[PDB]
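A structure with theophylline.
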Amino acid sequence: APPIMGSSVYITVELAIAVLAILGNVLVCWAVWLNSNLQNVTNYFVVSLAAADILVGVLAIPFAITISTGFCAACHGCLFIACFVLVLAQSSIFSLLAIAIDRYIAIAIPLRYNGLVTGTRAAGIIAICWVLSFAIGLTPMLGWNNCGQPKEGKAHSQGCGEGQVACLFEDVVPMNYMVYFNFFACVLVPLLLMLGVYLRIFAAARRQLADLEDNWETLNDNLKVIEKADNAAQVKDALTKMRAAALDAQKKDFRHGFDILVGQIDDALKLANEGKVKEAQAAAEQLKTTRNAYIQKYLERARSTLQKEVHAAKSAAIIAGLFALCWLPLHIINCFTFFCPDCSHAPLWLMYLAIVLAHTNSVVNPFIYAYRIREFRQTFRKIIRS
Ligand SMILES: CC(C)CCC[C@@H](C)[C@H]1CC[C@H]2[C@@H]3CC=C4C[C@@H](O)CC[C@]4(C)[C@H]3CC[C@]12C
Ligand SMILES: CC(C)CCC[C@@H](C)[C@H]1CC[C@H]2[C@@H]3CC=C4C[C@@H](O)CC[C@]4(C)[C@H]3CC[C@]12C
Ligand SMILES: CC(C)CCC[C@@H](C)[C@H]1CC[C@H]2[C@@H]3CC=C4C[C@@H](O)CC[C@]4(C)[C@H]3CC[C@]12C
Ligand SMILES: CCCCCCCC/C=C/CCCCCCCC(=O)O
Ligand SMILES: CCCCCCCC/C=C/CCCCCCCC(=O)O
Ligand SMILES: CCCCCCCC/C=C\CCCCCCCC(=O)O
Ligand SMILES: CCCCCCCC/C=C\CCCCCCCC(=O)O
Ligand SMILES: CCCCCCCC/C=C\CCCCCCCC(=O)O
Ligand SMILES: Cn1c(=O)c2[nH]cnc2n(C)c1=O
Ligand code: NA
């Protein structure tokens with residue numbers, strides 16, 4: 001069958017993906033630019049990721065269309081056409097890893113997050129990661145390429161000129177680079193690091209939530225202990241455990257509530273130390289008023305903040321997982337090409353499918369933000385309506 005027919009389907013699909021990648025990710029950038037509620041360090045990496053995806057549509061997809069034709073080119077110019085998409089994928093990986101680390105810092109040390117993770121430092125990190133992405137993705141242009149061993153028969157058959165090759169991805173980019181350096185070292189290892197970070201994020205959230213509930217139960221259990229105590233020493237034991245737990249939960253209406261709680265524990269402790277059991281128990285009963293009016297409100301707000309962090313971490317993890325799902329088939333095919341020379345090469349239609357799937361990753365993030373983050377979804381609606 002004429003190659004232009006199957007080429008037409010592949011090219012049409014690539015162009016459709018390019019349009020959608022541009023439109024959706026331009027919308028992401030317009031949303032962060034316009035909405036100050038979206039202007040935080042996490043979303044600066046989101047914007048960097050959306051910029052990489054815009055460039056997939058503007059440059060990498062036109063380059064992929066071009067390299068599918070095998071047109072005659074100087075080999076090093078062919079290399080750039082071949083490898084620029086690896087720059088964008090590498091930049092995406094750095095942004096994804098940054099987002100993961102950012103959410104870990106926010107959940108593990110929220111008291112020093114704002115002083116540690118700043119906008120100026122983030123912009124510097126983004127710049128360094130773009131430079132590193134060019135270095136990693138264009139490493140074949142530094143000499144790790146097949147330009148020294150051109151396919152002269154293929155070039156002659158296509159009428160290429162002297163010093164030119166048929167510009168095809170697997171003819172110029174070495175597969176050992178693609179498998180060992182790009183895939184294993186530069187893609188698989190960072191994705192596994194992201195997995196580790198997300199595992200630590202969710203474990204940290206679950207621990208802080210058993211801790212919030214454990215302190216709440218300890219407060220209520222020790223109150224019952226005081227009510228049914230029969231001597232001052234038992235009242236004293238329970239209050240001492242309550243006092244240490246109250247300060248542990250303390251680490252304007254928030255501070256006042258815990259100021260009342262500790263002060264009321266101290267009142268009952270002094271009565272308990274005087275052997276006045278009934279008076280200490282009555283003073284300890286006043287703690288329930290503070291618990292209902294203040295402490296329970298702090299417990300439901302701390303729980304609410306943690307659940308929103310879990311939700312935001314899951315949204316980011318879905319983005320990272322979709323990157324892996326969209327890119328792994330192409331990398332896995334390269335592994336079969338490289339590691340199994342006795343295996344027939346993956347057919348051309350499957351190569352095209354795996355390439356298109358990798359590009360489709362540049363469409364999906366705007367949808368995840370719209371469905372999972374209300375501030376983005378609402379800002380998307382205002383932009384579209386207006
Ligand atoms: C800032 C942006 C818009 C600039 C985009 C420039 C792109 C399209 C340019 C930069 C380098 C160029 C390549 C440089 C060298 C060669 C080798 C030549 O034998 C065929 C064309 C080819 C393969 C060029 C294709 C076009 C190219 C990829
Ligand atoms: C990462 C998740 C989505 C799994 C993706 C698995 C895909 C990429 C796997 C599953 C089965 C695989 C194929 C199984 C057998 C062959 C025949 C061989 O001569 C060339 C490679 C080829 C054609 C493989 C290419 C990659 C392949 C299609
Ligand atoms: C965490 C996971 C997803 C990492 C990705 C798994 C990759 C590295 C694994 C999955 C299946 C594997 C392939 C399965 C079958 C073969 C055929 C054999 O003749 C050579 C190795 C080769 C080609 C393997 C190479 C590595 C491979 C592609
Ligand atoms: C914002 C605009 C920034 C402009 C930076 C330009 C960077 C792109 C340059 C690419 C040069 C690579 C082409 C060299 C191939 C020559 C072929 C050969 O030597 O065999
Ligand atoms: C999620 C399901 C995906 C839906 C469509 C995917 C179709 C592509 C799947 C291919 C599996 C293996 C194809 C093997 C092709 C023949 C290999 C060969 O002869 O060399
Ligand atoms: C600003 C949007 C970016 C520009 C998109 C341009 C769309 C054209 C798509 C692909 C370019 C294909 C170049 C043709 C390959 C040469 C064919 C040959 O010489 O054999
Ligand atoms: C060819 C490049 C290979 C080596 C990569 C070097 C790493 C990137 C170098 C310079 C990045 C410049 C921006 C640095 C500003 C830092 C701001 C900050 O972190 O607060
Ligand atoms: C594959 C290429 C290897 C890259 C070489 C490694 C060198 C670059 C690495 C990190 C750059 C660190 C940023 C330091 C710049 C100043 C920061 C500051 O002022 O605080
Ligand atoms: C990233 N990448 C690949 O890994 C690959 N393998 C075979 N063709 C390929 N193409 C066109 C590609 O862009
Ligand atoms: Na990407």
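In this chain, residues are counted from 1 in sequence order. Structure method, as recorded: X-ray crystallography, 2.0 Å. All ligand and atom numbering here is 1-based and tracks the order in the structure.
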Quick one: which ligands or chains go with theophylline? ligand 9
Just trying to sort out this structure - which chain has the greatest number of contacts to theophylline, name per UniProt? Adenosine receptor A2a
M351 and theophylline - part of the residue with a heavy-atom distance under 4.0 Å: side chain
Could you identify the single nearest non-hydrogen protein atom to atom 4 (O) of theophylline and state the distance to 0.1 Å? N334 ND2, 2.9 Å
From atom 1 (C) of theophylline, work out which of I333, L330, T337 has a heavy atom at the shortest distance. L330
Need the theophylline atom indices (1-based, order shown) with element for anything under 4.0 Å from a heavy-atom of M178. 4 (O)
Give the UniProt transmembrane segment numbers of chain A, counted from the N terminus, with a heavy atom closer than 4.0 Å to theophylline. 3, 5, 6, 7
Enumerated theophylline atoms positioned under 4.0 Å from heavy atoms of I355: 11 (C)
Among protein heavy atoms, which lies nearest atom 8 (N) of theophylline, and at what distance? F169 CD2, 3.6 Å
Using heavy-atom distances only, which candidate in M175, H345, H359, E170 approaches atom 7 (C) of theophylline most closely? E170
For the 3.5 Å polar cut-off, considering only N or O atoms, please tell me whether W327 and theophylline meet it. no
With a non-hydrogen cut-off of 4.0 Å, what is the binding site of theophylline? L86, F169, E170, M178, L330, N334, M351, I355
